[PDB]
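Here is a PDB entry that includes S-thalidomide.
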Amino acid sequence: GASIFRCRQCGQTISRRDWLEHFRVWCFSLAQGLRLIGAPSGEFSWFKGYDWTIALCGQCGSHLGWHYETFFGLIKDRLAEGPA
Amino acid sequence: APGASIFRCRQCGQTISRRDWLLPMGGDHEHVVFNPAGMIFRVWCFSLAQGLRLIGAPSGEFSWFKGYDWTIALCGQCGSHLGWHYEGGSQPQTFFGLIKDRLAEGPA
Amino acid sequence: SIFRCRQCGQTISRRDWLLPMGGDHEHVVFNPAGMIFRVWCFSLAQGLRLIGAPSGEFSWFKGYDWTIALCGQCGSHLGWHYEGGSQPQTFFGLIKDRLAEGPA
Ligand SMILES: Nc1ccc(C(=O)N[C@H]2CCC(=O)NC2=O)c(F)c1
Ligand SMILES: O=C1CC[C@H](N2C(=O)c3ccccc3C2=O)C(=O)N1
Ligand SMILES: O=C1CC[C@H](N2C(=O)c3ccccc3C2=O)C(=O)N1
Ligand SMILES: [Zn+2]
Ligand SMILES: [Zn+2]
Ligand SMILES: [Zn+2]
């Protein structure tokens, strides 16, 4: 029952276990339904050698995590998990 | 005189659980999940609960918590679906996952 | 969006001022007489009248005292004000079903 990951606020589909905790952050190789905003930043990056960009939910605008450059680092408590 | 000590069924007032019995499963008492019908639930985990009626036999299908089987938990007074009872697992063997917005919190 | 008193329309609070106390802006609560309320927390509000001295008895929010909040314009009981805490020192718990949300 924890195969698909979704925006907690509106339910937009974001990623899946096939693409997949370290706040607790989940790293995914691929994601959908986000909007990546702004230019990359290195400041306080949790992953050595990566810059990040803010990742919002494309449906409701909730801040779900970051895109790193590649992979996506998403905040566990901003997501809902459920079955495929 | 604490005003946030007891959880009762929002629909009828049945005594269900207590703040003192919240349980941080995987490091957090709160879990946000969805079922196969796409319903999103803000689930609070409790070590203990009362005043429920646990319906049928456990199932592992679609379980949100690795290693646990679930049974539907209704309010034993009014039949409101308040969450699930989990069993069959490890550390703990059992717990309750209750739907936060279906409870009312208040004084003892 | 703004929240207006459902009974008379006076502006009371704003969506920008929603406050997630204990991790959620919504709290379903019951008082000692067993009345159930669905309360939304806001940092600020306007147009209310707070009645009585603050009380700590049965506060729904640990570390805060409460005062009853009426609409100042029509008298509707819209919720409570909370004070005497830290981070934040004060906020409101307003009864969702007694407000109307709409454009400013
Ligand atoms: N005989 C009564 C009737 C009502 C109340 C009442 O509504 N109290 C609220 C105040 C707000 C709060 O944070 N907690 C409460 O429980 C009461 F205390 C005593
Ligand atoms: O790799 C990252 C992503 C960004 C993240 N981060 C935050 O969580 C945060 C909160 C407030 C202001 C600025 C930041 C920031 O850089 C952080 O600490 N590291
Ligand atoms: O851990 C659990 C509890 C039960 C829950 N569940 C539901 O809420 C549901 C609704 C309809 C068909 C099947 C299911 C199911 O397994 C679910 O998805 N996971
Ligand atoms: Zn969203
Ligand atoms: Zn009930
Ligand atoms: Zn009014």
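Within every chain, numbering begins at 1; the chains are lettered A, B, ... in the order of the sequence lines, protein sequences first and strands thereafter. For the numbers below, each heavy atom of this structure counts, side chains included, while hydrogens, waters and symmetry mates do not. We count ligands from 1, going down the list as the structure has it; atoms in each ligand are counted the same way. For this deposited structure, the header notes the method as X-ray crystallography, 1.5 Å.
- One finds S-thalidomide in this model at ligands 2 and 3.
- Ranked by contacts, the chain bound most extensively to S-thalidomide (ligand 3) is, in the PDB entry, Cereblon isoform 4.
- Other chains making heavy-atom contacts shorter than 4.0 Å with S-thalidomide (ligand 3): B.
- Residues of other chains with a heavy atom under 4.0 Å from S-thalidomide (ligand 3): B:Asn35, B:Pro36, B:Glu61, B:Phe62, B:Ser63, B:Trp64, B:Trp70, B:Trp84, B:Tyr86.
- Regarding atom 17 (C) of S-thalidomide (ligand 3), its nearest protein heavy-atom neighbour is B:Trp64 CZ2, 3.3 Å.
- Among protein heavy atoms, atom 6 (N) of S-thalidomide (ligand 3) sits closest to B:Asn35 CB, 4.0 Å.
- When hydrogens are left out, the protein atom nearest atom 14 (C) of S-thalidomide (ligand 3) is B:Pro36 CD, 3.7 Å; that is the closest non-hydrogen contact.
- When hydrogens are left out, the protein atom nearest atom 19 (N) of S-thalidomide (ligand 3) is B:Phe62 O, 2.9 Å; that is the closest non-hydrogen contact.
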